[PDB]
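Here is the structure we will look at.
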Amino acid sequence: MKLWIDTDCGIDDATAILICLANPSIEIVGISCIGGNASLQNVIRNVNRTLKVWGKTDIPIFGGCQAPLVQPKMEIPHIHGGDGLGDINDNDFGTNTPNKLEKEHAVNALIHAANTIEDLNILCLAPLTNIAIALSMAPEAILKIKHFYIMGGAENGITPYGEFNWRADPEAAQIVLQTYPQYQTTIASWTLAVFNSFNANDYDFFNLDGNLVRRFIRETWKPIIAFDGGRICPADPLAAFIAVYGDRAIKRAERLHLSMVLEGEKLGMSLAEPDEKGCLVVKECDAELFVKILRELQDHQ
Amino acid sequence: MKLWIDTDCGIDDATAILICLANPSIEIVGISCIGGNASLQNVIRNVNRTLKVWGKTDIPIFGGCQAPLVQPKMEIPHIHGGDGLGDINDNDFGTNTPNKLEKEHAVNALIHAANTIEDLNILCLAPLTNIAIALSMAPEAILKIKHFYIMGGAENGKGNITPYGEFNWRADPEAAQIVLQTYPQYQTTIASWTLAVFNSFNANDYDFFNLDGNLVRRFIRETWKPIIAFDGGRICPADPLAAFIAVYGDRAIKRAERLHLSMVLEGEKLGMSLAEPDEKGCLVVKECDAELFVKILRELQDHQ
Amino acid sequence: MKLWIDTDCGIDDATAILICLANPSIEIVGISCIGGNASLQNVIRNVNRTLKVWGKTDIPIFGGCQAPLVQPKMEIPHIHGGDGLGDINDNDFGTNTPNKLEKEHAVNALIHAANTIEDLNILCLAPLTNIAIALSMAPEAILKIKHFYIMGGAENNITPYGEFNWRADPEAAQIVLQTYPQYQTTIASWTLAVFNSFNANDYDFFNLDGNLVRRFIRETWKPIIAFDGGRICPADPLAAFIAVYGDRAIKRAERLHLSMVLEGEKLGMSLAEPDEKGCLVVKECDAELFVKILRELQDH
Amino acid sequence: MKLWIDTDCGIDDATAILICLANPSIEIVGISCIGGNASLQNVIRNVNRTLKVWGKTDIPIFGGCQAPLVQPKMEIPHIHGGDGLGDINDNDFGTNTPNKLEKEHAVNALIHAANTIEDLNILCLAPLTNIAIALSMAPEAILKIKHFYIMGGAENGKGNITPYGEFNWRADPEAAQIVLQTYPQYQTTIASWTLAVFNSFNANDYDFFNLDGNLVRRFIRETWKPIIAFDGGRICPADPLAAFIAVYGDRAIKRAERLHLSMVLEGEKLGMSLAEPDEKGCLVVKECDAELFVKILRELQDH
Ligand SMILES: O=c1[nH]cnc2c([C@@H]3N[C@H](CO)[C@@H](O)[C@H]3O)c[nH]c12
Ligand SMILES: O=c1[nH]cnc2c([C@@H]3N[C@H](CO)[C@@H](O)[C@H]3O)c[nH]c12
Ligand SMILES: [Ca+2]
Ligand SMILES: [Ca+2]
Ligand SMILES: [Ca+2]
Ligand SMILES: [Ca+2]
């Protein structure tokens, strides 16, 4: 499976990228970077940290846009750390090295990849700002992409509070949801993250040592575990888990047509509607396989 | 003055491009196209028709985006004609020739120009689509642009396409909001629909859009004919007034205000430009030198 | 208890102010305003909004300085919406009315109050600028104040990032900490708030309706809950909770001497050192009494 | 010219204040006091002496802040004497009389003067604590001030109290940085410590600081006697040069470089003025008309 990754690489993005790196069936052809919550300069550095912590370093990193399309970024008190990646120490990992960054804008490089790579998939882990612009510049190119895997949205389960990716750039989410075919789109929603939430203190796979990747997992997740009683709502790792393992990862899903509310009190929320040609919105995951996948990426290779 | 022009080349767009074509102190470095008055393909041919009629086809034309940012499209063939240029006949002008269209997308073309052309200015005569996309991709690039001259909005709150919204900013309000909160409004000069109505002309007391004797006079007469009838004999030279201000600078303005502009992005007033006084906002032209304006429109039509 | 409140009234300021209005043992004798979460002008409006929704507008409101002492802007400008109070609609709350401002500067007013009010306590929910200036012009007046309750600093294992008040003006914080007696100071730290936070998907006390105050709390906190994964980090409300309810609110604290790092890579941080003549740094709170106090002020 | 003076009146302040008093086109509308060369309490006493010696005590005097904003009062090897004015005897000058001191704090009186007096200029001869605090409280008010004249700093990197940094800006660096980054540096002239050592006379080649015949010459002679003895008999008239520029305009200035100044509020070298070229920065006087300087220094001592 060929896969492009779009990320605002915070803590859970890095574990999601690591899930893809840990499966030999996955060839990551490029990683695009978008700002917003975490600054774009910080995202590019954190993608570099993740790839350097892993073995393979032959993946081009592209910087995209610096802000949502139109909505304000809404300043963020990053309690987990200012660098957007748990405030880890580069000297503890051997990643105090120059960051790699391609010259091409992420929008154009994504378009070229879409034009020149057959059976290209994309895993989107961030606000869809980069994707919406590429669909605007060249809808013919992005429509060649085989399938879309997106972390975003909150459908009715009650609809939990706190969905981030689409609320951060609702116009971009609408551009994606109105242009790329929803039938070819698979959603790992914030409702799914909240539904498969667990306490990391009941496990040990976020608190291991013995290799660099294990230390990375433990140190990046450390502040999230501390400040929230151990509770974890896995969003991006679940989206990578679904993109990488397919129906093996899915227990139940619902076909739903999705739209963004761009006006009024419900601005930035989503409308969902049963529709066999709509998004595949995953409802239940193989959680036993998910935590097994989380441990395996930290095994000695 | 090096100038970039972004147009949905309708009838008044083309007359604005002739104003810039007619002044030798103006260098048009490239023309970006966007849907609006008509569809993007019609705009591209309309610009080609305009350049061919004038006779200086050495200006690159770039195809922009195919739709607004988020809004559905808003073609008005009952105003600018089915082809966006008054449904003229190409045999009346000798423009039955292939159209020039460069390979590079207008957004990437404009970003490049802002990066390699010094003291670049832009004249924006159409919905804020190509420009907003380019400010999102490369703000550091587009902020290199010396000044922004934009036809759009209405500080009165009196629109055309809606009671509250001017067409270009109502056709893509998010794009209009993107420009107004990203490019420095202090380096931005606005020729609104307010200005277009205030400095409007009665086409049966003024005949400068009704001459023959040369190709330019025929082009201007035939293109403006359907829109003059649609307006009731009235001419609201919105785009030509914006080019007038960009080309002729201070001596084109009679009264202007410094106003911070912001878009109404929802509700029945979608597309409305709110205005409030601010010495760091946009120079919103209130009165143009109508006398010098008609003068330069006649001079580009003279046989000499 | 007579209480002065120094605030940059963002969203959690307004709820902290409501905790003081809801307790009959508390007499708010004056509210000073400083920039921070919002501009000084926006802070004055938001205090006016909070007092009007409650209904006890008989409180003087003074405007302070317009910037931190030495630092340039704010490390986190425009944090609680464009208006500083979650961009609420005045027409929904009936607060589109003339706002009250007093005309003496907030510094001179705090100096006057500390010189004329016996047993005056002060609650500081914002960057230490108004206080540092008044301490620099009349320390004789400010030291008469009975006790200081300050939201700020992050002490500690693990230290949560993002502390605003002392990072926004580290000189003002150091002025206060080395001039007003720390033994008469009680701290609700950013560490305490982070470790005493709630998620809207587990607790509903900021998602109620049925009267004006419940609507004010829900709408103000709404964009915080929406853009922070549901996380409610109630820093200023915890400070007010400690100031108003005292020993009932505190489960554990430590006597620590606090100073500011004013140079180097660690600019804006807080050095803590065990010291029985230092500030009372609250470490644990009665979370159950706190959630009930939040709900109590929202009763019909 | 309407002029407000902020002083830590040591010896060279008093001569500078006398420079302003001597010119009839200058209107001193108020003198604010701050700790520096000596205690605030001595500064208030030392301005009173200076006005009594001249003979015009109709100028209001305001006590300012008791300490720097952030820094400690720090070691003052009392070079201006124990009392701050060369340890002179009031019985020798007829100044054994009550002092005058206004009720208002200097910060509030400065704010009020800025809001109610047209075309007010300020002359700063001391650590800038009062001005920064008034800038903190009312930028609206202090920006109505036409021009700032400030003795302080050293754009050459050669201070006095520290090898880097001049006394007035080393004594309160945060306040000096507040003034620079809030009051427009283009409306600011600087008599630097570069300037005080540059235009520095040896006292044994002039007699303008060793005269009698009237009370003003005795005051000047007795107050400068200690400061002259410290140096190699040299005269680095820091304060008086600043007053000379503020009063006598362009003819006071010979060569002047527009430079943007900023403060090092950190590190082993603490309290120095970072100098860089800036057309919109301070007007740092580099050379003063020394001949005209000595003549007005003599004339103020006339009968
Ligand atoms: O009556 C009109 N209604 C809508 N659009 C236009 C235009 C076009 N829209 C813009 C004016 O709003 C201008 O660029 C012009 O090309 C002219 N007249 C009208
Ligand atoms: O040797 C000195 N060391 C420290 N301060 C001064 C001063 C005082 N400090 C300022 C010059 O540094 C000036 O205003 C003056 O009043 C003169 N000479 C010295
Ligand atoms: Ca993410
Ligand atoms: Ca047009
Ligand atoms: Ca606050
Ligand atoms: Ca002095």
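Chain letters correspond, in order, to the sequence lines: A, then B, then on. Residue numbering for chain A follows the PDB entry; the residues present correspond to positions 1-157, 161-304, in that order. We're sticking with the PDB entry numbering for chain B, so the shown stretch reads 1-304, in order. Chain C is numbered as in the PDB entry; shown residues: 1-156, 160-303, in order. We number chain D the way the PDB entry does; in order, the residues shown are 1-303. Heads up, header says this was done by X-ray crystallography, 2.2 Å. Counting convention: from 1, in listed order, for ligands and their atoms alike.
- The drug that appears at ligand 1 goes by the name forodesine.
- Bound to forodesine (ligand 1) with the largest number of contacts is the chain that the PDB entry calls Inosine-uridine preferring nucleoside hydrolase family protein.
- Other chains whose heavy atoms approach forodesine (ligand 1) within less than 4.0 Å: B.
- Numbered from 1 in the order shown, with element, the atoms of forodesine (ligand 1) that lie under 4.0 Å from a heavy atom of B/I76 read 4 (C), 5 (N).
- In terms of protein heavy-atom proximity, atom 14 (O) of forodesine (ligand 1) is nearest to B/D239 OD1, 2.8 Å.
- Between B/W193 and forodesine (ligand 1), not a single N/O pair is under 3.5 Å apart.
- Counting only heavy atoms of the protein, atom 9 (N) of forodesine (ligand 1) lies nearest to B/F167 CD2, 3.3 Å.
- Among protein heavy atoms, atom 19 (C) of forodesine (ligand 1) sits closest to B/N160 ND2, 4.0 Å.
- From the protein, the heavy atom lying nearest to atom 8 (C) of forodesine (ligand 1) is B/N37 OD1, 3.3 Å.
- It turns out that the other ligands and ions under 4.0 Å from forodesine (ligand 1) are ligand 4 (calcium ion).
- Distances between N or O atoms of B/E166 and those of forodesine (ligand 1) include at least one value under 3.5 Å.
- The protein atom (non-hydrogen) at minimum distance from atom 1 (O) of forodesine (ligand 1) is B/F230 CE2, 3.7 Å.
- Checking only distances, B/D13 does come within under 3.5 Å of forodesine (ligand 1), N or O to N or O.
- For forodesine (ligand 1), the atoms lying closer than 4.0 Å to a non-hydrogen atom of B/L125 are 14 (O).
- If you look at B/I79 next to forodesine (ligand 1), the close heavy atoms, those under 4.0 Å, all belong to the side chain.
- Atom 17 (C) of forodesine (ligand 1) has its closest protein heavy atom at B/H80 NE2, 3.6 Å.
- Neighbouring residues of forodesine (ligand 1) under 4.0 Å (non-hydrogen atoms) are B/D12, B/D13, B/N37, B/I76, B/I79, B/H80, B/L125, B/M151, B/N160, B/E166, B/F167, B/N168, B/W193, B/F230, B/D239.
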